Amino acid sequence: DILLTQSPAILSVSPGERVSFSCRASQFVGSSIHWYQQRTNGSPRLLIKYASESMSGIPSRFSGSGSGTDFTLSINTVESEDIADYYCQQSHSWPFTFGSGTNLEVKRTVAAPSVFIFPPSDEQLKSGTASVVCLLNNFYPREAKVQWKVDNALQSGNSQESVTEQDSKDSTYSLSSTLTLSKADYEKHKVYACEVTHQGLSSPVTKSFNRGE
Amino acid sequence: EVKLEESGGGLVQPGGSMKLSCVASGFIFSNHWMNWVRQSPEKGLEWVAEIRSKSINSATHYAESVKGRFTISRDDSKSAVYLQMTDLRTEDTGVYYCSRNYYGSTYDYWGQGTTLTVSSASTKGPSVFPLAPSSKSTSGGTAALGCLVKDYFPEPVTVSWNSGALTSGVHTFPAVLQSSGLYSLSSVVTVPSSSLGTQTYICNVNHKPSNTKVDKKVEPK
Ligand SMILES: OC[C@@H](O)[C@@H](O)CO
């Protein structure tokens, strides 16, 4: 079987720059390399067939080239909407095989997160559990630090975080941190605080509430 | 408009069976080759099976890793292609896409995928709690609200807002596997703070393996 090596796996470029994705085949594949775009939560969409023929409706900034074993997908001026994974595929010989994909990140100016906190719902509390959620919305770059304090005691091992993939409309990330406690431990404390640090904040941001207010 | 629509994914025990279906429209189905291509974090995109036209004996071809276990078939009167999977393994977990290949070249049309999970664990439907907006989730003219979708198995759940009429500002977070073995996620939307208490916000949570379909009205606190 033919191996398609896509390296590097991550590309990070600024808007308006040209970017090139590399696909190298372990054997001659002629010109039978096809390129696909897969956006977050989406299906692969065919972009270029046979190395350099762009499909109808693909924006003109996309183009491909190459023959033999070495192939390139170019985006001559990249925009945030181009954020996705890009896969190559060979149909020179059976079975057809795909590359591992290269992810495209499009850089932007630093954006501090908006920070929001949510107390547990009355419904969940009636079930014996308290989840407290802290939302860090629409920030860049990806790195952010979230710390839970309960009556100023730093918390550990009772929270989980989830980060979205980079947004193709505005190049930002978002993050949720969920602190989960038993209703009993929730009711033994008063102040529930979320503390956020990020490149875009001049000092840590704290969002908090007093239980039962 | 070509459309491909998969269904039938879900949870199955190791060694078990499951049949996926796909219905096609927008091209002459009986002339074209229908494929299943699966995707997983470990293996990436992986061709699974192809069935070609009745005119050339409906010839079926399988990836070596599913040969003998999977059977692909088609019904041209229904514009349907099927994948019967047996002796399923943990490593068969993934998203299964229905796809057309143009006579041995490009996969030029893809469905939206259907998710298969091969696991000994049981199906559990989610509980849905509001993430209620308040001053604590207001930042200038932006307020945030959402839904906490907790303690379900397997993946996936879909969340929409106001039956899909609300898409701007929505973030549905990747699920996290809790220590319990159950998944959990939040879906949030940011809205103008002036619209709190004057506009209705309902998250529509769907978890097909447990036939949960829940609409949750999220009200200010
Ligand atoms: O979802 C956008 C939010 O920031 C509003 O304030 C704009 O209408």
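Simply put, chain letters go A, B, ... down the sequence lines. The residues of chain A that appear here are 1-213 by the PDB entry count, in order. So for chain B, numbering is the PDB entry's, and the shown residues are 1-221, in order.
The drug positioned at chains A and B, selected from prezalumab, bezlotoxumab, infliximab, is infliximab.
According to the entry, the name of chain A reads Infliximab Fab Light Chain. The entry gives chain B the name Infliximab Fab Heavy Chain.
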